[PDB]
Enquirer: 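Below: experimental structure, meropenem (bound form) bound to Class C beta-lactamase-related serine hydrolase.
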Amino acid sequence: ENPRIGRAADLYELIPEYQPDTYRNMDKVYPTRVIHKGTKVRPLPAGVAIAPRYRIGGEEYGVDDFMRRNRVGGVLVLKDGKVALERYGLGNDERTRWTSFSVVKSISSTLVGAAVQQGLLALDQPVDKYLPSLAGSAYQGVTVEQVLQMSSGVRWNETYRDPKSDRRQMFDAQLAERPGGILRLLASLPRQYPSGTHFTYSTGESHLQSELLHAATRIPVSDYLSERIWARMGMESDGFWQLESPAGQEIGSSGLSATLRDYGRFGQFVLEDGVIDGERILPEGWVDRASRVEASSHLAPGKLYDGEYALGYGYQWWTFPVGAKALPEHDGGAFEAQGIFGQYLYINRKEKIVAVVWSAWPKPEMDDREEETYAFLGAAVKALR
Amino acid sequence: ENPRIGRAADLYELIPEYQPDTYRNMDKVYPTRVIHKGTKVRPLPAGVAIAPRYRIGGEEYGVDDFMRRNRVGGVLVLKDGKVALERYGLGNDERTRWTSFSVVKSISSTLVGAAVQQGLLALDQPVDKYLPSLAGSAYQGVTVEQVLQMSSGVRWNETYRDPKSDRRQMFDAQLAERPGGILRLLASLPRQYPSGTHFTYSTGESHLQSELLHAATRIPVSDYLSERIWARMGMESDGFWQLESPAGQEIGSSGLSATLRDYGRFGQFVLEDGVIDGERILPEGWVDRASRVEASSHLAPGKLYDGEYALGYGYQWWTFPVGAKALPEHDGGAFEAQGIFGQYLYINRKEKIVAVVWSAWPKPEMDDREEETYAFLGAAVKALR
Amino acid sequence: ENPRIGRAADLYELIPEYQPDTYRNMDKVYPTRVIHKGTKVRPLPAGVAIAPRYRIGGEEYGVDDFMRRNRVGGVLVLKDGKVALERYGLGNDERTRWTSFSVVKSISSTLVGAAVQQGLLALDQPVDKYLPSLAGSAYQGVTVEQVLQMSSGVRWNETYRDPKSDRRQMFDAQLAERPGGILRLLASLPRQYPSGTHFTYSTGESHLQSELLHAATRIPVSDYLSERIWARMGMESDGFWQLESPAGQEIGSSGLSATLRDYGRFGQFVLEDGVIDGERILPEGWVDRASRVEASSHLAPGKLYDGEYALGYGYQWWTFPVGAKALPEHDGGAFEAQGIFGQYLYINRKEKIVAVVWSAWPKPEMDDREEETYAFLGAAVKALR
Ligand SMILES: *C(=O)[C@@H]([C@@H]1NC(C(=O)O)=C(S[C@@H]2CN[C@H](C(=O)N(C)C)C2)[C@@H]1C)[C@@H](C)O
Ligand SMILES: *C(=O)[C@@H]([C@@H]1NC(C(=O)O)=C(S[C@@H]2CN[C@H](C(=O)N(C)C)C2)[C@@H]1C)[C@@H](C)O
Ligand SMILES: *C(=O)[C@@H]([C@@H]1NC(C(=O)O)=C(S[C@@H]2CN[C@H](C(=O)N(C)C)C2)[C@@H]1C)[C@@H](C)O
Ligand SMILES: [Mg+2]
Ligand SMILES: [Mg+2]
Ligand SMILES: [Mg+2]
Ligand SMILES: [Zn+2]
Ligand SMILES: [Zn+2]
Ligand SMILES: [Zn+2]
Ligand SMILES: [Zn+2]
């Protein structure tokens, strides 16, 4: 059959028949830059054999059930750096490169960490020091760490279904492909809270990470990701990264594509504290900082979204609750990247576990499928004890 | 020789040496989407050949003379589904894919027919129901039928060589490649007449068919054309369709490319009332409605352009006069698609004739070349009697 | 080896690791059109190898030292049409196509010359005769010759580093890829000096050569260059030329890529007075007018930039002083094209010498390295006497 690839403008409203083919062919739809691999590839050898089962409603389900019910296109579970489980669906295979959506927020964050290690960014510096086009804007004075914590205080209307929202204006900037358009949008925004006091999920603010990384390194973010990680630990396959315009700027908040085992290798890099062959790519304590759960902080689990989301926020990572509030099997400081339509990159340092889930849910957010994904993941964590 | 391909901005002004090469290489100039063929092809067996000859001035002319005088790059005459004539010129061959200009208006309209047959669009419904971008403009309340009949009554200046004309504006929006630029222009236009009362040929109004089709099916129009026609009856070759923007929206009013016999197959589809292998693709009575001649209607042949044009208008088809006013050998309810610089798709149901003409006239409109084409086609209809 | 290619917006600010790869891969960064070669290639036979040496400070330097000191990617010296010196650096070889920056202004000027020979342009005619969208602008009444001499009198701010300059707006128009955007900028500019009295280096005015060439020939400028010179002389390889937009208009002031020996062939065309195989392409006396040094002219050597620059101007060519103020070895009427970061095309008719220099200086203009380039070229001239 011919590939069913949607219009560029319809990415967030494709019919189910068009999602898998578009999600794995984003380079046919948007401008992109190649994230090059190297010549050495980090091995992912076979590991513990598991057949995880979980209970929901009153019924028991295995892996094929999970994948059928949630329209899952890929599942990878790494234990101790070794493949415990690897499945493909929806026509995907080991060579498929699938798009990240907001999962790439956590990759950008980790690269900011690499830039901190090199001295090229500092958490404490104001964003306008690196990005002079923000001079005079509400972002002037906001720090890099405040951007990482979605706590700039700049007013941001994220609702996609409001034609007037900032997220829709940013998506139209992308579709227009005029370089610097998102930055100009961000520079127009008024301030609403004191900086550092208020969580507002902003896809534009997350994009600012990509802008900062380019400004600090003076090379394309895709090449920095390659030199710091993709070619250094050794991913198996090139990736690629959606840009704002041709040969332009990577979208910091969305649009990275990679093989399933390469998403897993990135997770394994984070699980291993950023160390590749004895050299520290990430600052000492970076992963602890980026996934920190502090009871008094306004980012703590339970405290976001009027109190009815369970997960907190770190440096562009969602943080699982700890202690009495923990979700079953996800205690000990688990954290994750997520993207709409059911993309997950789950890291459990206590258990040395990395999980990657690729999905094509009909709708961008579905609470029952998120909760099912966590039940399935917790059953895998339980079976790997 | 390497191909002589014009700048994208110059499509309506190319010098004669750049016209044939550009018209068969439009995918090297503009963004395009592929119209996929199937694996079965509807045959076009050879019939009894014809060598029609006709008189102009005091001179008699064959097909070769006609081809030379009108700078014809292709002519195809089908008689009851069989090839009575097939000639190529200007360096074209059987595999050449030549652009349609406004001939695609009639393809889009027929796809609207297919959507009516599937219950996805209705002639009496307003266009802004399907196209929210039109709500609050002078198109609000205009019905799908009135769009097909170029009778919205919205003020539209079609003249090309005036820089500030609406047609030039819409071409500028295509050349900018911003998704939705054409719809934004259309939404900015004032009402001039009550709708359903006055014919105004508008290339933007005709594009609305493309936008309506995607809004009702939620798949690219190229893919709807493929599933409904191009892969169902089986064209011999892929087509392609010019877009407003990279991976964007098909131009409903211009810019489809296909081989000469695939244009013939589409004419045959219409001639055969939109049935393929016993399946109805078009509503019963669609072709009749779409080529309607009613003396009372403002659309009747002889009323358009305040009497100075012999042809009337249907559902984006031009209608030939019937009765006493018939042009020689074109009685019985013949109708046609046409495009500037000499493109024709002529359908004579009485005679069971489909004819395709590809030309590269130096100017977009030459009355004398139009008249000579009707004289040649009439000679061909006569020869096939 | 994956090339280190910058963001399109960063061309004038790349870090050194990114300059050589980007300069030879501009077709991966901007829209381009191919400049096609022909079927025959004009040979550049081997001559007597020279090993020029010159003294800077108190030190002897040869070709290798020149090259390592000024980060030179290529050097070609032709004497009487024969290769006296040919060296590649920075990873380049005989098939590299390296970008020209402003060197192409002199190519555009020479094509205007070709159009004057064919009668399609005239030096004393106003540019708004050929570009009607400049009627009513500061260019109204400005002649073709005045544009050639950078002497339109239109007010123009070249400052790259000022974000509001006209050069920045031009480059923004380019990045936004909207057809005709540069001409729109040009038509917005106010009058400053009476036309043909003062020299103001204007990248936009130089781009105007390209717009004029297309208006007067009605074919893409790349194809005109091909038919007049590239395919006729016999270049060795295709070139290509940066555009304003995909399949759009060539940038008249920047962005041509060619192999080293093909730049040499173009210089040799100029040196042979614009005749190829007995077919005169440039008007008699064109090279004379285009490189004129006339002490009473506002363009004479020593008059530009309040007398702070040794070189005068001609038809988009820089002219070396003659007489008592001649640079050593550079007397007799030498002239050159130059481009930022160290690109030179030097033509010395008296000595029958053509020199091409390709460099990747860290900064656009470094006076020190320019002076050293002229001392090295002078040493070549001496060695070639
Ligand atoms: C990333 O995939 C997109 C953004 N990510 C989310 C998200 O967090 O799911 C939203 S915002 C919206 C707020 N309430 C929901 C939520 O937080 N959860 C279900 C956890 C989702 C964006 C669409 C980005 C590509 O725009
Ligand atoms: C399609 O080819 C272009 C439009 N088609 C015509 C046309 O051929 O009719 C016009 S302009 C004007 C309106 N009616 C005149 C006419 O009756 N004939 C040529 C027969 C010409 C447009 C330019 C479309 C791509 O704009
Ligand atoms: C060409 O490479 C760029 C333009 N070229 C020049 C140039 O000729 O160096 C400049 S402007 C600058 C102003 N005065 C300079 C000079 O020659 N001296 C100070 C001695 C020339 C442009 C940037 C083009 C790509 O824009
Ligand atoms: Mg196993
Ligand atoms: Mg019905
Ligand atoms: Mg020769
Ligand atoms: Zn850069
Ligand atoms: Zn309505
Ligand atoms: Zn769609
Ligand atoms: Zn043209």
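Order of the sequence lines fixes the chain letters, A, B, ..., with proteins taken first and strands second; residue numbering starts at 1 for each chain. Atoms within each ligand, like the ligands themselves, are counted from 1 in listed order. Computed over heavy atoms, backbone and side chain alike; hydrogens, waters and symmetry mates excluded.
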Enquirer: By ligand number or chain letter, where is each copy of meropenem (bound form)?
Expert: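 The answer, copies included, is ligands 1, 2 and 3.
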Enquirer: Looking at meropenem (bound form, ligand 3), which other chains have a heavy atom under 4.0 Å from it, would you say?
Expert: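 Chains with a heavy atom that near meropenem (bound form, ligand 3): C.
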Enquirer: Check for me whether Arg167(C) has a heavy atom closer than 4.0 Å to any atom of meropenem (bound form, ligand 3).
Expert: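 True for this residue.
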Enquirer: Please give the covalent link of meropenem (bound form, ligand 3), as residue and atom, or none.
Expert: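 Covalent attachment: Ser102(C) OG.
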Enquirer: What are the atoms of meropenem (bound form, ligand 3), with element, lying closer than 4.0 Å to any heavy atom of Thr203(C)?
Expert: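 Heavy-atom distances to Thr203(C) below 4.0 Å select 24 (C), 26 (O).
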Enquirer: Do meropenem (bound form, ligand 3) and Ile340(C) have nitrogen or oxygen atoms that lie under 3.5 Å from each other?
Expert: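 So meropenem (bound form, ligand 3) has an N or O lying under 3.5 Å from an N or O of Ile340(C).
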Enquirer: Looking only at heavy atoms of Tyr160(C), does any of them come nearer than 4.0 Å to an atom of meropenem (bound form, ligand 3)?
Expert: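 Not so, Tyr160(C) does not reach meropenem (bound form, ligand 3).
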Enquirer: Would you mind telling me if meropenem (bound form, ligand 3) is within reach of the side chain of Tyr12(C), the backbone, both or neither, using heavy atoms under 4.0 Å?
Expert: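 Looking at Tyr12(C) and meropenem (bound form, ligand 3), just side chain atoms fall under 4.0 Å.
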Enquirer: List every atom of meropenem (bound form, ligand 3) that sits less than 4.0 Å from any heavy atom of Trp318(C), numbering the atoms from 1 in the order shown and giving each element.
Expert: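 Counting atoms of meropenem (bound form, ligand 3) from 1, those under 4.0 Å from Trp318(C) are 8 (O).
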Enquirer: Can you find an N/O atom of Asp367(C) closer than 3.5 Å to an N/O atom of meropenem (bound form, ligand 3)?
Expert: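 The answer is no, given that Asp367(C) and meropenem (bound form, ligand 3) share no N or O pair closer than 3.5 Å.
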Enquirer: Show me which atoms of meropenem (bound form, ligand 3) lie under 4.0 Å from any heavy atom of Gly339(C).
Expert: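 So the answer, numbered in order with elements, is 2 (O).
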Enquirer: Mind listing the residues near meropenem (bound form, ligand 3)? I'm using heavy atoms under 4.0 Å.
Expert: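 Heavy-atom contacts: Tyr12(C), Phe101(C), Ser102(C), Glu158(C), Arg167(C), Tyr201(C), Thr203(C), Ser254(C), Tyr305(C), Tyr309(C), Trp318(C), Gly339(C), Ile340(C), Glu365(C).
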